[PDB]
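Letters A, B, ... are given to chains in the order of the sequence lines, protein chains preceding strands, and every chain is numbered from 1. Order of appearance sets the numbers: ligands from 1, and atoms from 1 within every ligand. FYI, side chains are in, hydrogens and waters are out, and symmetry mates aren't considered; it's all heavy atoms of this structure. Only part shown; contacts counted inside that part.
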Amino acid sequence: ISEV
Amino acid sequence: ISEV
Amino acid sequence: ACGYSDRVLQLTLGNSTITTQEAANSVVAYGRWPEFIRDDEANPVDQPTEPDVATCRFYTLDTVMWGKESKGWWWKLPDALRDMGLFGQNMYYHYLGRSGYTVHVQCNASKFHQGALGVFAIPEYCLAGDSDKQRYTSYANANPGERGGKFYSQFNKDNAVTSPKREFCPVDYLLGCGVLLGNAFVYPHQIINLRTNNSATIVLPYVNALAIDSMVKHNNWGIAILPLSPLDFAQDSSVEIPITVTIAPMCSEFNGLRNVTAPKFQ
Amino acid sequence: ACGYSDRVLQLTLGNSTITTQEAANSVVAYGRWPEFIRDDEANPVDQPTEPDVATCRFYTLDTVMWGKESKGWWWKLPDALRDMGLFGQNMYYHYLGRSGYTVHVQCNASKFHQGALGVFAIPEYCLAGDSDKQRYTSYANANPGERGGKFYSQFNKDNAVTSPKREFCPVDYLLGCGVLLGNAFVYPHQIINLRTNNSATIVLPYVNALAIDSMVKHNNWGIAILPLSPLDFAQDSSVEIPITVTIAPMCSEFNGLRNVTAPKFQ
Amino acid sequence: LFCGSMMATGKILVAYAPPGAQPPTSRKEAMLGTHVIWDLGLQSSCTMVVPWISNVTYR
Amino acid sequence: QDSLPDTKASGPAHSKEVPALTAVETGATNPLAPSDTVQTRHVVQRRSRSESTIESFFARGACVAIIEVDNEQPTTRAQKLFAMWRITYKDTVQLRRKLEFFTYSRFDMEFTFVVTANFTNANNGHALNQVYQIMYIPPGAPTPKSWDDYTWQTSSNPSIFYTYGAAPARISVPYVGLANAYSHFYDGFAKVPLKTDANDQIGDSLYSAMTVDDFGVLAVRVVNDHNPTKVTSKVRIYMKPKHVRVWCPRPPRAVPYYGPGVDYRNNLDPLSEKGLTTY
Amino acid sequence: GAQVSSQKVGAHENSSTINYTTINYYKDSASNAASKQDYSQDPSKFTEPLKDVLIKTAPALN
Amino acid sequence: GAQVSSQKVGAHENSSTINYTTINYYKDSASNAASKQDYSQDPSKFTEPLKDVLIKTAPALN
Ligand SMILES: CCOC(=O)c1ccc(OCCC2CCN(c3ccc(C)nn3)CC2)cc1
Ligand SMILES: *C(=O)CCCCCCCCCCCCC
Ligand SMILES: *C(=O)CCCCCCCCCCCCC
């Protein structure tokens with residue numbers, strides 16, 4: 001995933 | 001995820 | 001210790017002091033004491049005016065007489081105070097103004113008199129009108145100032161289409177607004193039961209959907225005083241006692257100064 | 001650095017801003033900036049009112065026209081401001097009031113016009129009267145408010161004993177008070193020399209023998225504007241330019257609140 | 001912006017009155033509200049900021 | 001865990017504590033329980049107030065409007081080829097009464113559109129499936145004069161394109177109020193009459209009314225060109241408040257509504273007749 | 001970014017904490033469903049707006 | 001390959017950072033929805049295209  |  | 005009581009109060013604001021030897025504790029409307037607009041809730045950017053002791057003091061309105069036929073009285077705030085010394089001036093010289101209040105209602109009698117006054121503080125007190133016409137009550141008739149208004153026992157419709165009175169028709173058991181009086185207790189209130197107390201003291205915060213608004217275009221609080229139980233004395237059928245309303249502005253602040261507003265109350 | 005100047009000023013008080021591109025620095029009367037009454041110089045014990053931005057702002061008085069025959073103009077303070085918005089209200093609703101001021105006097109023309117205005121700020125400006133009668137000038141005539149008064153070139157005595165005018169007779173070279181005008185420079189002043197500057201800015205402290213006094217009974221400062229050198233232009237014998245006086249209250253504080261004072265200016 | 005000749009001088013009052021009262025018909029009334037006194041000179045132009053003073057959060 | 005307070009085993013009393021006595025004049029309600037006036041047992045309470053939360057109370061789609069729109073041959077007279085509706089919860093009475101239990105509210109709004117249609121005339125042939133265009137016109141934006149004019153180009157206004165037979169159309173709207181809360185009641189005016197006014201109509205206003213167009217309109221049309229035979233249709237609008245917060249409680253409307261304000265006209269007799277000593 | 005929480009089980013099948021999963025598909029929070037896990041508060045501001053709030057066993061008016 | 005980010009919550013339900021999830025299904029970036037997390041910039045290139053940009057309190061023309 002990629003959490004900002 | 002986020003488990004409450 | 002010493003001998004203090006729930007029934008003996010002193011209210012001191014500015015150069016004014018009220019003493020009561022027979023009160024029924026005091027209500028702080030919705031649990032909130034009056035306060036100033038915080039920087040994180042602020043909206044007009046201009047530096048406000050805060051007149052403190054010159055506007056936040058006890059103004060006593062003209063006395064009304066309670067008698068056996070009395071149906072009820074009502075005032076709007078800030079309207080009731082529009083002509084009260086430096087408060088009224090600050091109110092009309094600025095576009096914006098907020099205020100909290102201490103309402104102190106006065107009614108004394110004797111151990112042999114009888115009756116119960118319902119003192120009600122209502123947020124956004126919208127009243128019903130005259131006519132077939134909806135939302136037709138005029139600014140001049142909506143705002144009686146110090147004089148206040150009265151309730152009626154039934155709906156007598158303003159019949160003359162040609163030259164309409166454009167007034168309110170406040171029916172007592174409908175709280176003048178389409179709901180039942182017995183439920184008005186969900187609103188901040190006290191009862192002046194003549195065997196128990198001479199007075200009622202309700203402290204009011206500024207309540208509104210905005211931090212500040214036009215005091216000249218809009219009333220925030222309404223004061224409704226309806227006799228829950230009628231005035232009675234000995235056997236004298238035309239008994240009559242005075243009800244005196246004393247109000248003080250609290251944490252008053254003003255924004256948007258310019259030339260004075262002169263409304264037409266004619 | 002950057003390019004700043006003695007002649008280019010910005011005065012900002014409350015919601016009011018003045019800009020001048022041709023000033024002559026600015027005078028602070030007697031070296032003292034306006035201030036509030038200190039606890040160790042205090043005398044009325046009641047909590048004061050301090051209206052801040054609603055009273056301490058720039059009020060522009062009615063413009064006067066300077067012309068070839070103009071002998072002089074004079075105003076008194078606080079009198080000049082008695083009807084200026086919330087300041088006047090605070091002044092008349094309280095027994096006691098103190099104030100400092102920024103006086104900004106305006107007179108512009110052209111590189112081809114000529115003349116010099118003497119702008120004088122005087123403590124306790126007592127003027128001379130009409131008559132044979134001593135100290136007979138009436139409150140109504142002593143106080144012209146915003147309109148101010150004028151100077152005269154010679155003493156024409158009010159002759160009619162029967163119905164006396166009870167007015168002042170201010171003779172220009174005697175500063176209207178029995179002394180010579182050339183010495184008025186011992187008082188806080190500036191000169192509007194038309195080849196040098198459009199304006200004069202005098203800042204004034206509260207000066208008095210008391211910390212605070214009755215503003216309605218007593219003027220603290222007097223503003224005298226006498227043409228030291230007459231207005232002249234090209235060769236047009238009836239030249240005429242506007243002189244505009246703009247004044248702001250400073251560090252205003254009020255004591256002894258009660259009902260409003262309504263003086264008789266009739 | 002003053003677009004007059006350099007030899008022309010003048011002082012102007014420009015104002016903003018927040019809503020609710022009589023719209024100003026006289027300098028005397030305009031004086032009382034937010035205002036700038038512009039003096040004409042080498043700096044050709046004057047800016048008056050109309051400050052956000054309002055009851056609602058968005059007009 | 002969200003259950004209510006357990007009941008306490010309480011016993012006999014002989015004391016100078018008198019909780020049964022109070023004074024309602026003070027403005028307060030006595031915080032009593034059975035254990036103060038009677039002997040109680042210990043009950044472990046499992047009951048909860050989960051359905052009466054402000055959210056659960058409003059969590060239901062309520063009908064607030066029926067917009068009637070036709071698709072027929074554009075003739076030269078008054079027709080319903082397109083319709084407009086001022087958005088409001090006040091045309092209906094049911095949701096209006098629930099939201100009016102409170103003075104102020106703040107929420108997001110969900111709109112669900114049930115479209116239904118039918119044949120008007122016994123028979124002129126039939127119609128192919130109709131597509132509906134619901135355009136939101138916020139105050140200021142140009143209102144359509146014609147069913148196929150340029151405003152329907154909708155370059156910046158939100159529009160819904162619904163196809164008959166499909167699952168009902170649905171969208172969400174944020175808290176769009178000009179204030180920190182929607183006012184369900186406004187004790188005021190939008191204009192004030194000044195002494196200096198020319199006529200006395202200049203400063204005249206409707207009592208309790210705020211903005212003229214308040215939130216704008218929904219414009220509806222059949223995007224289809226007209227069939228020979230006419231099709232009448234109804235767009236039913238369901239409204240549901242979500243992520244709800246409410247302030248200052250008010251008494252429920254006890255007499256029938258008479259317009260947008262609090263005005264009453266008739267049926268001012270809400271209560272039944274029942275004898276004082278009759279059960 | 002999946003959100004997981006316990007259901008409050010009413011009628012239990014003959015089979016203990018049962019969970020449900022939630023995921024937001026939209027950037028604008030207005031687009032979200034209702035969480036319905038709502039906390040409560042005291043009646044007090046309404047049932048006792050008093051400056052001196054008194055104990056139920058002591059005289060209301062002293 | 002799931003993308004997770006914080007929603008800017010406007011009207012808060014009575015229940016704090018709430019997130020939403022995004023996944024791209026297509027190879028061609030043109031096929032993607034709009035991220036709408038857009039950064040801003042100065043008016044300057046337009047409001048002050050000056051070679052000597054001056055301080056607002058100093059004379060504009062010196
Ligand atoms: C002042 C009393 O009224 C209300 O409190 C109240 C009444 C209506 C409310 O709805 C929000 C206003 C509008 C804003 C946007 N809107 C939209 C927007 C897009 C579409 C396709 N359809 N409808 C329709 C509703 C919200 C509050
Ligand atoms: C956090 O949500 C990461 C885990 C995502 C698991 C797969 C979800 C598949 C559905 C993605 C929904 C995209 C909606 C715009
Ligand atoms: C990164 O995305 C890995 C996690 C994927 C979780 C399951 C997603 C299920 C949907 C896959 C979409 C395929 C689209 C072409």
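At ligand 1, the drug present is R 77975. In this structure the chain with most contacts to R 77975 is the one the PDB entry names poliovirus type 3. Other chains with a heavy-atom distance under 4.0 Å to R 77975 are given as F. Binding site of R 77975 at 4.0 Å, heavy atoms: F/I87, F/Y89, F/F111, F/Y136, F/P158, F/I171, F/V173, F/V176, F/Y182, F/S183, F/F215, F/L218. Within less than 4.0 Å of R 77975, the structure shows no other ligands or ions.
The organism that the entry gives for chain F is Poliovirus type 3 (strains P3/LEON/37 AND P3/LEON 12A[1]B).
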